[PDB]
Colleague: 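So I pulled up a structure with afatinib (bound form) in it.
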Amino acid sequence: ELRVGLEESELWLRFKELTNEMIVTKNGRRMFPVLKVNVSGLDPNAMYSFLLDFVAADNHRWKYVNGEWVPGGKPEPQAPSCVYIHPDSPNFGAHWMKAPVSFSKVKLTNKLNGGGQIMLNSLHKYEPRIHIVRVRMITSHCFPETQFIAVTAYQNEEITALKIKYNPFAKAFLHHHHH
Ligand SMILES: *[C@H](CC(=O)Nc1cc2c(Nc3ccc(F)c(Cl)c3)ncnc2cc1O[C@H]1CCOC1)CN(C)C
Ligand SMILES: [Zn+2]
(Lines of atoms letter the chains of each structure in order from A and count residues from 1; the text may use other names and numbers.)
(Lines give C-alpha, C1' and ligand atoms only; values in the text may rest on other atoms or scores of the structure.)
(Ligands and ions follow the chains in the order given, each with its own letter.)
Protein backbone atom coordinates (compact mmCIF):
# COMPACT_ATOMS: atom_id res chain seq x y z
CA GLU A 1 0.00 0.00 0.00
CA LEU A 2 1.55 3.26 -1.19
CA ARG A 3 1.87 5.71 1.71
CA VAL A 4 3.35 9.21 1.75
CA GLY A 5 3.78 10.90 5.13
CA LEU A 6 4.91 14.44 5.91
CA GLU A 7 8.19 14.86 7.78
CA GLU A 8 8.23 17.30 10.72
CA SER A 9 4.51 17.95 10.32
CA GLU A 10 4.28 19.61 13.75
CA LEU A 11 6.87 22.24 12.82
CA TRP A 12 4.88 22.94 9.64
CA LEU A 13 1.79 23.38 11.81
CA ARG A 14 3.47 26.15 13.82
CA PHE A 15 3.63 28.18 10.61
CA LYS A 16 0.31 26.81 9.33
CA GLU A 17 -1.61 28.15 12.34
CA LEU A 18 -0.43 31.72 11.64
CA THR A 19 -0.83 31.34 7.85
CA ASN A 20 2.58 30.51 6.38
CA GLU A 21 4.52 32.86 4.09
CA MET A 22 7.39 32.19 1.67
CA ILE A 23 9.65 34.84 0.13
CA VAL A 24 9.88 35.08 -3.66
CA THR A 25 12.68 37.05 -5.35
CA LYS A 26 14.05 37.49 -8.86
CA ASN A 27 16.81 34.93 -8.25
CA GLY A 28 14.78 32.64 -6.00
CA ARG A 29 14.58 31.75 -2.31
CA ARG A 30 14.61 28.38 -0.59
CA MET A 31 11.56 27.39 1.44
CA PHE A 32 11.43 27.12 5.21
CA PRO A 33 10.49 24.65 6.49
CA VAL A 34 11.88 22.36 3.78
CA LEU A 35 9.44 19.87 2.29
CA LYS A 36 10.39 16.31 3.28
CA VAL A 37 8.24 13.20 2.91
CA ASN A 38 8.43 9.54 3.93
CA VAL A 39 7.50 7.05 1.20
CA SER A 40 6.47 3.43 1.72
CA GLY A 41 4.80 0.91 -0.56
CA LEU A 42 6.80 1.43 -3.73
CA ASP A 43 8.23 -1.42 -5.77
CA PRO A 44 11.84 -1.23 -4.49
CA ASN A 45 13.22 -2.64 -7.76
CA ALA A 46 11.14 -0.45 -10.09
CA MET A 47 12.30 2.94 -11.35
CA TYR A 48 10.66 6.16 -10.16
CA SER A 49 11.05 9.91 -10.56
CA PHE A 50 9.85 12.43 -7.97
CA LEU A 51 8.37 15.74 -9.13
CA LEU A 52 7.24 18.83 -7.24
CA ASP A 53 4.89 21.62 -8.29
CA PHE A 54 2.71 24.18 -6.51
CA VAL A 55 -1.05 24.42 -7.00
CA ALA A 56 -3.30 27.31 -6.05
CA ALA A 57 -4.86 26.64 -2.66
CA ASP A 58 -7.64 29.05 -3.66
CA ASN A 59 -8.53 31.21 -6.66
CA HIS A 60 -8.48 34.72 -5.15
CA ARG A 61 -5.86 37.19 -3.98
CA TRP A 62 -4.87 37.93 -0.39
CA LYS A 63 -4.09 40.99 1.72
CA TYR A 64 -2.76 41.44 5.26
CA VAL A 65 -4.59 44.33 6.95
CA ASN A 66 -5.13 45.03 10.67
CA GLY A 67 -3.01 42.03 11.63
CA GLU A 68 -5.10 39.47 9.75
CA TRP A 69 -5.27 37.92 6.29
CA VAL A 70 -8.28 38.95 4.20
CA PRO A 71 -9.36 37.54 0.81
CA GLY A 72 -10.36 39.78 -2.06
CA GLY A 73 -10.21 40.49 -5.75
CA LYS A 74 -12.32 39.10 -8.56
CA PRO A 75 -11.49 35.37 -8.37
CA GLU A 76 -9.38 34.52 -11.42
CA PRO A 77 -8.09 30.92 -11.51
CA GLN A 78 -4.35 30.36 -11.21
CA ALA A 79 -2.67 27.57 -13.15
CA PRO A 80 -0.20 25.24 -11.39
CA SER A 81 3.46 26.19 -11.30
CA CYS A 82 6.16 24.49 -13.33
CA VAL A 83 7.50 21.15 -12.13
CA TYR A 84 10.77 20.77 -10.23
CA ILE A 85 12.51 17.43 -10.79
CA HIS A 86 14.09 15.88 -7.71
CA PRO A 87 17.81 15.63 -8.58
CA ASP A 88 17.99 11.91 -7.75
CA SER A 89 15.46 11.14 -10.52
CA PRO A 90 15.22 8.60 -11.89
CA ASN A 91 16.05 6.01 -9.22
CA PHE A 92 14.92 2.73 -7.71
CA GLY A 93 12.02 2.58 -5.30
CA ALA A 94 14.51 1.33 -2.72
CA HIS A 95 16.34 4.66 -3.01
CA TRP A 96 13.19 6.69 -2.32
CA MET A 97 12.06 4.52 0.62
CA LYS A 98 15.34 4.24 2.55
CA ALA A 99 15.34 7.85 3.81
CA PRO A 100 13.13 10.95 3.77
CA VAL A 101 12.85 12.45 0.28
CA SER A 102 13.93 16.09 0.55
CA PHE A 103 13.13 18.98 -1.79
CA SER A 104 15.41 21.35 0.13
CA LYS A 105 17.06 22.85 -2.97
CA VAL A 106 13.94 24.17 -4.73
CA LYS A 107 13.92 27.96 -5.05
CA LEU A 108 10.73 30.02 -5.34
CA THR A 109 10.89 33.07 -7.60
CA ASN A 110 8.60 35.68 -9.12
CA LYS A 111 10.54 35.92 -12.39
CA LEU A 112 12.54 33.08 -13.97
CA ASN A 113 11.24 29.51 -13.85
CA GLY A 114 14.25 27.71 -15.32
CA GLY A 115 15.77 24.72 -13.59
CA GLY A 116 15.46 24.59 -9.82
CA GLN A 117 13.58 27.91 -9.84
CA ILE A 118 9.77 27.85 -9.59
CA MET A 119 7.75 30.96 -10.47
CA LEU A 120 4.82 31.88 -8.22
CA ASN A 121 2.41 34.80 -8.23
CA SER A 122 2.78 37.18 -5.30
CA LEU A 123 -0.08 37.38 -2.77
CA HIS A 124 -1.55 34.02 -3.79
CA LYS A 125 -1.87 30.97 -1.53
CA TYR A 126 -0.02 27.91 -2.82
CA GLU A 127 0.29 24.27 -1.79
CA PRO A 128 3.23 21.99 -2.64
CA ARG A 129 2.31 18.86 -4.56
CA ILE A 130 4.59 15.85 -5.04
CA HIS A 131 4.31 13.58 -8.09
CA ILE A 132 5.69 10.04 -8.15
CA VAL A 133 6.07 8.76 -11.71
CA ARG A 134 6.81 5.11 -12.43
CA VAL A 135 9.50 4.92 -15.11
CA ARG A 136 3.37 6.57 -17.05
CA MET A 137 1.33 5.71 -13.96
CA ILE A 138 1.33 8.86 -11.81
CA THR A 139 0.30 9.45 -8.20
CA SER A 140 0.05 12.90 -6.62
CA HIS A 141 0.44 13.79 -2.95
CA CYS A 142 -0.11 17.05 -1.06
CA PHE A 143 -0.35 18.25 2.53
CA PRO A 144 -2.54 21.13 3.77
CA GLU A 145 -0.07 21.88 6.58
CA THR A 146 2.40 23.10 3.93
CA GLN A 147 0.14 25.75 2.39
CA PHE A 148 1.63 29.23 2.21
CA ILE A 149 1.15 32.67 0.66
CA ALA A 150 3.88 33.75 -1.74
CA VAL A 151 5.10 37.22 -0.76
CA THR A 152 7.93 39.55 -1.70
CA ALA A 153 8.28 40.62 1.94
CA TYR A 154 7.02 39.14 5.19
CA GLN A 155 3.60 40.55 6.07
CA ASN A 156 2.78 38.87 9.40
CA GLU A 157 5.56 39.82 11.81
CA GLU A 158 4.68 36.72 13.86
CA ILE A 159 5.84 34.68 10.85
CA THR A 160 9.15 36.57 10.81
CA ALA A 161 9.63 35.72 14.49
CA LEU A 162 8.93 32.04 13.84
CA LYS A 163 11.29 31.90 10.85
CA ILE A 164 14.02 33.58 12.89
CA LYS A 165 13.45 31.15 15.76
CA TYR A 166 13.57 27.87 13.82
CA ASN A 167 15.55 28.65 10.64
CA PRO A 168 19.28 28.95 11.50
CA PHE A 169 19.88 30.83 8.24
CA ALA A 170 17.21 33.46 9.01
CA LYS A 171 19.43 35.29 11.51
CA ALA A 172 22.46 35.37 9.20
CA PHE A 173 20.42 37.23 6.56
CA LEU A 174 18.34 39.19 9.10
CA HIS A 175 4.89 49.46 7.00
CA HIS A 176 1.65 47.98 8.34
CA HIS A 177 -1.82 48.07 6.78
CA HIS A 178 -4.77 49.56 8.65
CA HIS A 179 -8.21 50.98 7.85
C1 LIG B 1 6.67 25.12 -16.45
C2 LIG B 1 7.65 24.12 -17.03
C3 LIG B 1 7.25 22.67 -16.86
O4 LIG B 1 6.73 22.26 -15.85
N5 LIG B 1 7.54 21.88 -17.91
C6 LIG B 1 7.33 20.49 -18.08
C7 LIG B 1 6.48 19.77 -17.31
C8 LIG B 1 6.29 18.40 -17.54
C9 LIG B 1 5.44 17.55 -16.76
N10 LIG B 1 4.73 18.10 -15.74
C11 LIG B 1 3.87 17.43 -14.86
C12 LIG B 1 2.71 18.09 -14.48
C13 LIG B 1 1.81 17.48 -13.63
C14 LIG B 1 2.11 16.25 -13.14
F15 LIG B 1 1.25 15.66 -12.29
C16 LIG B 1 3.25 15.59 -13.47
CL17 LIG B 1 3.54 14.02 -12.81
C18 LIG B 1 4.15 16.16 -14.36
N19 LIG B 1 5.32 16.25 -17.03
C20 LIG B 1 6.04 15.79 -18.06
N21 LIG B 1 6.87 16.44 -18.84
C22 LIG B 1 7.00 17.78 -18.58
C23 LIG B 1 7.87 18.54 -19.38
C24 LIG B 1 8.03 19.88 -19.13
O25 LIG B 1 8.84 20.68 -19.87
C26 LIG B 1 9.69 20.08 -20.84
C27 LIG B 1 8.77 19.75 -22.00
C28 LIG B 1 8.56 21.07 -22.65
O29 LIG B 1 9.61 21.92 -22.26
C30 LIG B 1 10.53 21.21 -21.42
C31 LIG B 1 5.94 25.96 -17.50
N32 LIG B 1 4.73 26.63 -17.02
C33 LIG B 1 4.14 27.45 -18.07
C34 LIG B 1 3.75 25.64 -16.58
ZN1 LIG C 1 -3.85 19.51 -1.18
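Using the numbering of the PDB entry, the residues shown for chain A are 41-175, 180-218, 226-230, in order. When a ligand or atom number is given, it counts from 1 through the structure's own listing order. These numbers come from the heavy atoms of this one structure, side chains and all, not from hydrogens, waters or symmetry mates. Method of determination (from the header): X-ray crystallography, 2.0 Å.
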Colleague: Where, by number or letter, can afatinib (bound form) be found in the structure?
Modeller: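 For afatinib (bound form), that's ligand 1.
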Colleague: Can you peek at the structure and tell me the main thing afatinib (bound form) is bound to, named as in UniProt?
Modeller: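 By contact count, the main one is T-box transcription factor T.
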Colleague: Source organism for chain A, as stated in the entry?
Modeller: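 The deposit lists Homo sapiens.
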Colleague: Within 4.0 Å of atom 5 (N) of afatinib (bound form) (strictly less), any protein heavy atom?
Modeller: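 Under the 4.0 Å cut-off, atom 5 (N) of afatinib (bound form) has no protein heavy-atom neighbours at all.
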Colleague: So, for atom 31 (C) of afatinib (bound form), does the protein have a heavy atom nearer than 4.0 Å?
Modeller: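 Within 4.0 Å of atom 31 (C) of afatinib (bound form), protein heavy atoms are found.
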Colleague: Does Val173 reach afatinib (bound form), in the sense of a heavy atom lying below 4.0 Å from it?
Modeller: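 Yes, that is the case, since the closest heavy atom of the residue is under 4.0 Å from the ligand.
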Colleague: Tell me: protein heavy atom nearest atom 33 (C) of afatinib (bound form), and distance?
Modeller: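 Answer, as residue, atom name and distance: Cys122 SG, 4.2 Å.
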Colleague: With the threshold set strictly below 4.0 angstrom, can you tell me whether any protein non-hydrogen atom sits that near atom 27 (C) of afatinib (bound form)?
Modeller: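 It does not; no protein heavy atom is within 4.0 Å.
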Colleague: Among all protein heavy atoms, pick out the one at the shortest distance from atom 10 (N) of afatinib (bound form); state its residue, atom name and that distance to 0.1 Å.
Modeller: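 Of every protein heavy atom, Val123 CG2, 3.6 Å lies nearest to atom 10 (N) of afatinib (bound form).
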Colleague: Does this PDB entry show a covalent bond joining afatinib (bound form) to the macromolecule, and to which residue and atom?
Modeller: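 The covalent bond goes to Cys122 SG.
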Colleague: Show which other ligands and ions come under 4.0 Å from afatinib (bound form).
Modeller: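 Other ligands and ions within range: none.
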Colleague: Would you say atom 21 (N) of afatinib (bound form) touches the protein, meaning some protein heavy atom is under 4.0 Å from it?
Modeller: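 For atom 21 (N) of afatinib (bound form) the answer is no, since every protein heavy atom stays at 4.0 Å or beyond.
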Colleague: What protein heavy atom lies closest to atom 19 (N) of afatinib (bound form)? Include the residue and the distance to one decimal.
Modeller: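 Going atom by atom, the protein heavy atom closest to atom 19 (N) of afatinib (bound form) ends up being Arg180 NH1, 4.5 Å.
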Colleague: Mark whether atom 2 (C) of afatinib (bound form) lies under 4.0 angstrom from at least one protein heavy atom.
Modeller: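 Under 4.0 Å from atom 2 (C) of afatinib (bound form), at least one protein heavy atom found.
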Colleague: Which afatinib (bound form) atoms does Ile182 reach within 4.0 Å, using its non-hydrogen atoms?
Modeller: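 It comes down to these atoms of afatinib (bound form): 17 (Cl).
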Colleague: Would you say atom 15 (F) of afatinib (bound form) makes contact with the protein, given that contact here means a non-hydrogen protein atom less than 4.0 Å away?
Modeller: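 For atom 15 (F) of afatinib (bound form) the answer is yes, since some protein heavy atom falls inside 4.0 Å.
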Colleague: Extract every residue of other chains having a heavy atom under 4.0 Å from afatinib (bound form).
Modeller: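 Sure - by heavy atoms, that gives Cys122, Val123, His171, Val173, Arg180, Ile182.
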Colleague: Once you restrict both partners to nitrogen or oxygen, which atoms of afatinib (bound form) have a protein partner under 3.5 Å, and how far apart are they?
Modeller:
| from | atom 1 | to | atom 2 | distance (Å) |
| --- | --- | --- | --- | --- |
| afatinib (bound form) | 4 (O) | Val123 | N | 3.0 |

